[PDB]
Engineer: 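Let me give you the structure first, and then I'll get to my questions.
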Amino acid sequence: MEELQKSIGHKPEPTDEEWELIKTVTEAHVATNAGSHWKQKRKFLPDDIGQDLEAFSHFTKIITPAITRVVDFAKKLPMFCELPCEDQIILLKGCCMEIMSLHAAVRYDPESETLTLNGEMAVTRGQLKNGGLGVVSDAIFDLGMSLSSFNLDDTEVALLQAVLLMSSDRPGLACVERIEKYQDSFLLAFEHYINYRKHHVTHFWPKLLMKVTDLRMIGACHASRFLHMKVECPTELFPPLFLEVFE
Ligand SMILES: O=C(O)Cc1cc(I)c(Oc2ccc(O)c(I)c2)c(I)c1
């Protein structure tokens, strides 16, 4: 009765087993979104920083937390726990830059035109560029300004995160056909959650599924910026986890 409800033009809202998952998933997001005061605490980085290595510096610091937020949200999901140590790791390395991105874009203030990193620092497109990310920063900023229209909610950001995390495409995965079922499950629940929210933007699900791809790009480019970085005459200022995540 899914494809059917489609043809009759009804938009299926979540079901019992789904509103469950949605809760289980929404909670995580919220239990790791330290949220009510970022636009408040957000420290504007001195514009003379990143006009780079200095700005890179900052970023580098306040990043270990940012990676853990992803790490902790994954810990809460029983789907992510049913999987091996190995896939678990793979999965987190794969989705990490994707999640921090969302986290970065959802915190975009169209006003001062900056993104807020780690819920503390506020930087401009130029600062994030010259800091060591180049194009990716335009990709994250541009994403942000697009999401400032999707008006996502804790659930929507959360389930997004979830779809990012359960990627059966990551190289090395062992339990492939199972992470897919888990993904497939999240996607469905997302759509349904979407219908239930009934936004007023046509193609919301298609539009939104494109951000998933976009985030995957940023993610891919970021791996390429992470190589252009390791040079610069490497070593120092590269936090251990930041290094383990992306190798
Ligand atoms: O904190 C969050 O939750 C999100 C977050 C944190 C930071 I610091 C950030 O900037 C990056 C990311 C990768 C990278 O290689 C470099 I240098 C800087 C992004 I974009 C997002």
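Residue numbering for chain A follows the PDB entry; the residues present correspond to positions 201-251, 265-460, in that order. Heads up, header says this was done by X-ray crystallography, 3.1 Å. No hydrogens, no waters, no symmetry mates; every other heavy atom, side chains included, goes into these values. Counting starts at 1 for both ligands and their atoms, in listed order.
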Engineer: At ligand 1, which of niflumic acid, tiratricol, clomipramine, homatropine, promazine is present?
Structural biologist: tiratricol
Engineer: Out of curiosity, which chain makes more contacts with tiratricol than the others? Name from UniProt, please.
Structural biologist: Thyroid hormone receptor beta
Engineer: Just wondering, which residues come within 4.0 Å of tiratricol on a heavy-atom basis?
Structural biologist: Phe269, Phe272, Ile275, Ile276, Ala279, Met310, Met313, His316, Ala317, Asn331, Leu346, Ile353, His435, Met442, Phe455
Engineer: Organism of origin for chain A, per the PDB?
Structural biologist: Homo sapiens
Engineer: List the UniProt domain of chain A that dominates the contacts with tiratricol.
Structural biologist: NR LBD
